[PDB]
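The model presented next includes hydralazine.
Note that the numbering runs from 1 along the sequence shown for the chain. Numbering of ligands and ligand atoms starts at 1, following listing order. Values reported hereafter were calculated over all heavy atoms of this structure, with side chains retained and with hydrogens, waters and symmetry mates removed.
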Amino acid sequence: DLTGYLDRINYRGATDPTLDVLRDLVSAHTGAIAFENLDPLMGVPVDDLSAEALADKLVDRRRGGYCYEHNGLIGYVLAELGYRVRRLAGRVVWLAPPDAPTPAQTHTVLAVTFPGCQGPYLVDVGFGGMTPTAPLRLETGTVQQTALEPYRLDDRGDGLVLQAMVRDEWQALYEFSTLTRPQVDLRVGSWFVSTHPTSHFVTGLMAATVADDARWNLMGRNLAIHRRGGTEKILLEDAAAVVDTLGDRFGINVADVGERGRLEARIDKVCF
Ligand SMILES: NNc1nncc2ccccc12
Ligand SMILES: NNc1nncc2ccccc12
């Protein structure tokens, strides 16, 4: 299974559990496998978070996925390579004020260590739209510049909060505990966010990729290309054009979802 994954992300480097390999893997993964919620949008739950199910979808079938699928898959890969992987749970606070109601635990991230590491590293390749394209030092206060935006971790209560410089200000993305969460808890969270009528992944369409000094973000029919210099926004004309963008620009095997007419009609009723 390891080979199939490495070919999918077009990785060619060494496979020893080191910092450089972790960097190169995260970079290759985020540039190759899109974030998408086509399953929950089409009424297909994300329930099965085993190595076999995630590799079947994200590698063999050339589909994307969301946080549970992305960090699930890379978590299994890193474990096989010799990294120590702990799975964590998070609450998403992006664009919300500090007095917003407590969000559900619907995000999952990884705490990663390896032979000779000075400290633990945060790995998150599943936070569609703003996922860090580098492993980040799991330490507070330090500004950590990536290939795209800079990131910063801060101590918030009994846990931590990940922040990123978006446009002109520091934005809180998600807060999380560093306590290990059992697989079953992650399944419960993934079920909620993929099946609940109020979930943004059920009511709408979201897709995201990086290629390579730019972010390609899609919210329904609204396509945004974020570069270091600025941002360009494209209003997609119809549901048919949205599907084309998902297949071409985002590299998703849209045929896997089923008949294109059904996907177009779902996008038409939801986004238009
Ligand atoms: N799939 N996990 C996620 N859960 N809630 C909100 C999110 C917002 C952006 C990206 C991923 C998210
Ligand atoms: N470097 N500061 C930055 N701040 N906001 C957005 C960015 C997007 C791409 C690259 C850099 C960015």
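Tallying contacts with hydralazine (ligand 2), the largest count belongs to the chain named in the PDB entry as Arylamine N-acetyltransferase Nat. For hydralazine (ligand 2), the heavy-atom contacts closer than 4.0 Å come from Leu148, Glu149, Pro150, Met165, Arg167, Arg227, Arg228. Per the entry, the source species of chain A is Mycobacterium marinum.
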